[PDB]
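A short worksheet on the structure shown next.
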Amino acid sequence: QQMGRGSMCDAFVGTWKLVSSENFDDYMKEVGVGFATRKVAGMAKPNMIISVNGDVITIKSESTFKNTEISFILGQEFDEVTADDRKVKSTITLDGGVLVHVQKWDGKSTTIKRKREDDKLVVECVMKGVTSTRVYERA
Ligand SMILES: CC(C)Cc1ccc([C@@H](C)C(=O)O)cc1
């Protein structure tokens with residue numbers, strides 16, 4: 001083994017905690033999440049952990065609601081069971097330094113974008129005309 005070099009996604013690596021969430025309930029409604037799930041998922045305050053190992057990116061989310069973990073290679077689709085229990089087909093790419101996560105299921109699609117803004121990691125969840133913004137800071 002030799003030690004690898006860095007990459008642009010290193011800006012994302014680390015441990016992040018949710019500090020603010022706007023219009024997430026409306027997002028979840030638009031996605032089709034049911035009442036009891038929305039209310040408990042909307043109350044969650046996740047720690048999000050992003051790591052890189054070679055070509056593989058891992059995103060872990062930990063909360064009192066659910067713990068999730070996905071591992072992927074940019075541009076390479078995978079199967080994902082989401083925290084709300086949708087079975088989706090997911091592809092995650094970089095677009096100009098934004099991590100773009102598209103989920104497809106049941107003829108529907110939603111996009112989750114992650115972007116660095118100052119010391120924060122901003123998450124933008126989009127379902128048709130409904131957007132939710134979630135802001136994370138370093139743990
Ligand atoms: C319909 C919802 C429950 C799916 C969902 C949206 C956003 C996240 C992460 C990015 C988050 O910020 O918690 C996780 C799950």
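We're numbering straight along the sequence, starting at 1. All values below were derived from every heavy atom in this structure, side-chain atoms included, with hydrogens, water molecules and symmetry-related copies excluded. All ligand and atom numbering here is 1-based and tracks the order in the structure.
In this structure, the main binding partner of ligand 1, as named in the PDB entry, is Fatty acid-binding protein, adipocyte. The drug candidate or drug found at ligand 1 is named (R)-ibuprofen. The residues lying within 4.0 Å of (R)-ibuprofen (ligand 1), counted on heavy atoms, are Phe24, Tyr27, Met28, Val33, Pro46, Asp84, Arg86, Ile112, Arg114, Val123, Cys125, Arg134, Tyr136. Atoms of (R)-ibuprofen (ligand 1) lying under 4.0 Å from at least one heavy atom of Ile112, given by number and element, are 10 (C). Both criteria (UniProt fatty acid-binding in chain A; heavy atom under 4.0 Å from (R)-ibuprofen (ligand 1)) are met by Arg134, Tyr136. The shortest N or O to N or O distance between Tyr136 and (R)-ibuprofen (ligand 1) is below 3.5 Å.
Each of the following atoms of (R)-ibuprofen (ligand 1) lies closer than 4.0 Å to a heavy atom of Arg134: 11 (C), 12 (O), 13 (O). In summary, the atoms of (R)-ibuprofen (ligand 1) found under 4.0 Å from a heavy atom of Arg86, numbered by their order in the structure, are 1 (C), 4 (C).
Taking every heavy atom of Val33 and a limit of under 4.0 angstrom, the matching atoms of (R)-ibuprofen (ligand 1) come to 1 (C). (R)-ibuprofen (ligand 1) has no N or O atom lying under 3.5 Å from any N or O atom of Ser61, backbone or side chain. Counting atoms of (R)-ibuprofen (ligand 1) from 1 in the listed order, those under 4.0 Å from a heavy atom of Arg114 are 10 (C).
In terms of protein heavy-atom proximity, atom 7 (C) of (R)-ibuprofen (ligand 1) is nearest to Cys125 SG, 3.9 Å. For atom 1 (C) of (R)-ibuprofen (ligand 1), a protein heavy-atom neighbour is present inside the 4.0 Å cut-off.
Ranking protein heavy atoms by distance to atom 5 (C) of (R)-ibuprofen (ligand 1), first place goes to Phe24 CZ, 4.4 Å. Put simply, atom 14 (C) of (R)-ibuprofen (ligand 1) has no protein non-hydrogen atoms near it, under 4.0 Å away.
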